[PDB]
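Numbers in chain A track the PDB entry; the residues on display, in order, are 126-309. Numbering of ligands and ligand atoms starts at 1, following listing order. Values below: every heavy atom of this structure, side chains too, minus hydrogens, waters and symmetry copies. Structure determined by X-ray crystallography, 1.9 Å.
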Amino acid sequence: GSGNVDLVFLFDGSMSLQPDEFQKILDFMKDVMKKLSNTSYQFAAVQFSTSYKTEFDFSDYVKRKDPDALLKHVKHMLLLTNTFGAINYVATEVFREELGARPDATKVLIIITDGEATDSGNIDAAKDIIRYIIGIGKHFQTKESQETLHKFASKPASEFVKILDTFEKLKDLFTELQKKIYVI
Ligand SMILES: CC[C@H](C)C(=O)O[C@H]1C[C@@H](C)C=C2C=C[C@H](C)[C@H](CC[C@@H]3C[C@@H](O)CC(=O)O3)[C@H]21
Ligand SMILES: [Mg+2]
């Protein structure tokens, strides 16, 4: 339709993440934004743990644009992993016209986490958002834990759930993303 994509990074700041691992999440987000600067994509980023913080809104991105400056002042929260609550927060408190969301854009949520959710609920309010979940590291070693992530993602899980055994594999994920960039 409009050809516009409003994309939110929803990233884990729980106590499980070591300092260097948290930085690699931030570096990955910055790589994606830099590669897609000056396009029809708009970005916002939200850190979640026990509660949620909008690190920058869509309007901040449009005004400042520099991914380095925009994520420079992120404080690691180091609490729990309330992923149900975080998704509902994005759907009702971030995707809003008064915060710079474009009303007819395609909405996309990229969830990066290194643990199973410590809450529960439903995400019906977020169901018109395209949802990718990237699950990283040892807490997703087993098949049963990988499957807990299906609930958050759009369907099929085979396209929308990405499991990475280490944080260094975020770089491989960015290599694969770039092979899919086209001028249309
Ligand atoms: C696309 C390949 C990479 C690895 C990936 O999954 O990136 C996904 C997940 C993550 C790595 C980053 C993304 C950044 C931008 C877009 C939204 C991308 C998904 C792209 C697809 C493209 C078509 O299938 C239509 C659509 O709506 O989503 C995601
Ligand atoms: Mg966690």
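In this PDB structure, the PDB entry names the chief binding partner of ligand 1 as Integrin alpha-L. Picking from sitagliptin, lovastatin, cefmetazole, the compound at ligand 1 is lovastatin.
Of the residues of chain A touching lovastatin, most belong to the UniProt domain vwfa.
Distance check on atom 18 (C) of lovastatin: every protein heavy atom falls at or beyond the 4.0 Å cut-off. There is no protein heavy atom closer than 4.0 angstrom to atom 5 (C) of lovastatin. Taking every heavy atom of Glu284 and a limit of under 4.0 angstrom, the matching atoms of lovastatin come to 24 (O). Atom 27 (O) of lovastatin has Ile255 CD1, 4.0 Å as its closest protein atom, hydrogens excluded (heavy atom only). What sits closest to atom 16 (C) of lovastatin on the protein, heavy atoms only, is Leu132 CD1, 4.7 Å. Distance from atom 29 (C) of lovastatin to its nearest protein heavy atom, with residue and atom name: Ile235 CD1, 4.0 Å. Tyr257 OH, 3.0 Å is the protein heavy atom nearest to atom 28 (O) of lovastatin. At a distance under 4.0 Å, a protein heavy atom can be found next to atom 21 (C) of lovastatin.
For atom 9 (C) of lovastatin, the nearest protein heavy atom lies closer than 4.0 Å. At least one heavy atom of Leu302 sits less than 4.0 Å from an atom of lovastatin.
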